[PDB]
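One structure is given below, encoded as structure tokens.
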Amino acid sequence: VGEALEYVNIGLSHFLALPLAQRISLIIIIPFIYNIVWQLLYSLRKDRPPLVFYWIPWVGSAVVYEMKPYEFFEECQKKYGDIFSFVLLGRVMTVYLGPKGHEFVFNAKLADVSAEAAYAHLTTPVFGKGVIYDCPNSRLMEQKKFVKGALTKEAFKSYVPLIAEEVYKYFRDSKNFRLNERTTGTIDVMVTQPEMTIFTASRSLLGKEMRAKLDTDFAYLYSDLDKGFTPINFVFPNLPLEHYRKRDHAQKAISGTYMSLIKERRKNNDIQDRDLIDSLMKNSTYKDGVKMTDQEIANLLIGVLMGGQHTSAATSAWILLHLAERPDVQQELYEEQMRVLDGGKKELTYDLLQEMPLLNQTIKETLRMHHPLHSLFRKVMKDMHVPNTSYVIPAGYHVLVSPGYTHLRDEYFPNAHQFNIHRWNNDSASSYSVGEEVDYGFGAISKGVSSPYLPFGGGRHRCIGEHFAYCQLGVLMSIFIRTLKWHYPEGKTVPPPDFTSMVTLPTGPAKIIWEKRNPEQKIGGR
Ligand SMILES: CC[C@@H](C)n1ncn(-c2ccc(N3CCN(c4ccc(OC[C@H]5CO[C@](Cn6cncn6)(c6ccc(Cl)cc6Cl)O5)cc4)CC3)cc2)c1=O
Ligand code: HEM
């Protein structure tokens, strides 16, 4: 025995004396073997959900997950059922599929899980400090309350003609259209929709000054900030590269522009009820009496515009793409436009938008087939027991929920891979509570989150943008339909999603051919 402890020591010294080749080689081959041994041992644990096997340590199942998450989830679901874990770039993600998963994660106790712990790197570098996920949850709840106060039915009545003006100006002035000069053309929807989206959301939420800025070199800062919104931040939120410097600069420059306007409006008492800026200036004092700073207000503006930017632009791109191979649906939507707007003799209003059920069902169905966020998650802060199981999810794990996956299951949506707006007949609401409501600080919302359709999530982190998105998308699509027909280049069809970006946008280039329904129609203005 004593002779063996000596040879331990001897073995240590010989190990350290190995050639620099073998030692390097051992450096990688040792934790490769340990990783594999640990997993086999982990599988013996009956209080842990099954863990997807993987070869490369740290990296885990990152490649297959990020490239086709729904295919990954379905294969895992077959082998293990609805609850399973996988390693993702240093983290352990526990996935809970289906409505019970929704309930488990979206309705989890505030003390059990943290969204800001999961997300703050995806957002704080882009938006700025003090808001969204760079603040306690109770602060987020009131920020959501503040933003929601600019998102009223009255606001939407005022936004609808502004959004319409931007769409028509885009049709008139953009090189992608020029409808006064050209009667047919080809566009990349991943070019047009981001532009139309920022033009319409700027004009309505930020106001005319901020909209005007986008006609200048200033627009390039939005591009820079936009490029700083990437899943890469999930791993590398700060790296000494030019990319990261333009982002940080952009955030500074853009928040500075918003603060400049804010300070001017106050130093002119020019504070009204026009836009989200006026609203936050009048209404951004927390319940404990602390006021948001001008910097925090500006940062909150950036976050709200950036969030609405990517979800919405992706969604209208998908709407155009699905309709491009469905002239029957374009036709049905057009007849509804003619009926509700009296053959075009009525001006579009917010109230008339609500009387367009097929148009709204089209948005609704697009959001079913294309949830812009395939995976939502939280960091586990306290050990969680999974009801009706012996599973315990340890703190330090992350939980992942994917309502978009359930959107595409035949059990909940018959022929789920078929685009059919009529599956929503007499059910054209963006969403609704089928029962009890609860209020987390930004208004009463559904207490239950068991709906198999959950494009806007649920619980305390639920979206507050849904009515703005439908308003924006509704106006945009109403004008598209009334103005244009469109179709695919020969042999093209709906592209597959790119699941590696922040949202699940179409893989580009995604081109459609438009043509004017009324070639002689002119769009006025200078
Ligand atoms: C290429 C680098 C490589 C190493 N890498 N490393 C990691 N990844 C990766 C990770 C994850 C993903 N996925 C999953 C996570 N992800 C994602 C998840 C949640 C999310 O947002 C949830 C919260 C925070 O952002 C918003 C988005 N939003 C909601 N409504 C409107 N926007 C949000 C909420 C509120 C506000 Cl004010 C702003 C924002 Cl942006 O909600 C955004 C992206 C989508 C891509 C893909 C690739 C990589 O590609
Ligand atoms: C089709 C359009 C949209 C979809 C499908 C969508 C989806 C979602 C989802 C799923 C969440 C929950 C995230 C989570 O639980 O992890 C969310 C949160 C949120 N979204 Fe949206 N969104 C859309 C548009 C918008 C718009 C237009 C705005 C702003 C005007 C917006 C602002 C917000 C805010 C403030 C939150 C709260 C985040 C939190 O509390 O953690 N969203 N959205």
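So for chain A, numbering is the PDB entry's, and the shown residues are 8-533, in order. Note that ligands are numbered from 1 as they come in the structure, with each ligand's atoms numbered from 1 the same way.
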Compound at ligand 1 (volasertib, lopinavir, pexmetinib, itraconazole, zafirlukast): itraconazole
Partner of itraconazole (ligand 1) with most atom pairs under 4.5 Å, per the PDB entry: Lanosterol 14-alpha demethylase
Heavy-atom contacts of itraconazole (ligand 1) within 4.0 Å: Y72, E73, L96, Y126, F134, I139, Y140, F236, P238, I239, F241, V242, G310, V311, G314, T318, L380, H381, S382, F384, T507, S508, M509
Numbering as shown, the atoms of itraconazole (ligand 1) that approach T318 to under 4.0 Å (heavy-atom distance): 31 (C), 32 (N)
Closest approach of any protein heavy atom to atom 13 (N) of itraconazole (ligand 1), naming residue and atom: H381 NE2, 3.5 Å
Which residue and heavy atom of the protein sit nearest atom 3 (C) of itraconazole (ligand 1), plus the separation: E73 OE1, 4.2 Å
Source organism, chain A, as recorded in the entry: Saccharomyces cerevisiae (strain YJM789)
Which residue and heavy atom of the protein sit nearest atom 12 (C) of itraconazole (ligand 1), plus the separation: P238 CB, 4.2 Å
Heavy atom of protein closer than 4.0 angstrom to atom 33 (C) of itraconazole (ligand 1): no
Nearest neighbour in protein (non-hydrogen) for atom 20 (C) of itraconazole (ligand 1): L380 CD2, 3.9 Å
Check: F236 N/O within less than 3.5 Å of itraconazole (ligand 1) N/O: no
Nearest-neighbour protein heavy atom for atom 36 (C) of itraconazole (ligand 1), which is reported as residue plus atom name and distance: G310 O, 3.8 Å
Atom 23 (C) of itraconazole (ligand 1) - nearest protein heavy atom and its distance: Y140 OH, 3.5 Å
Close-contact set for itraconazole (ligand 1) against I139 heavy atoms, below 4.0 Å: 37 (Cl)
Taking atom 16 (N) of itraconazole (ligand 1) as the reference point, the nearest protein heavy atom with its distance: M509 CE, 4.0 Å
For atom 45 (C) of itraconazole (ligand 1), the protein heavy atom that lies nearest, with its residue and separation: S508 O, 3.3 Å
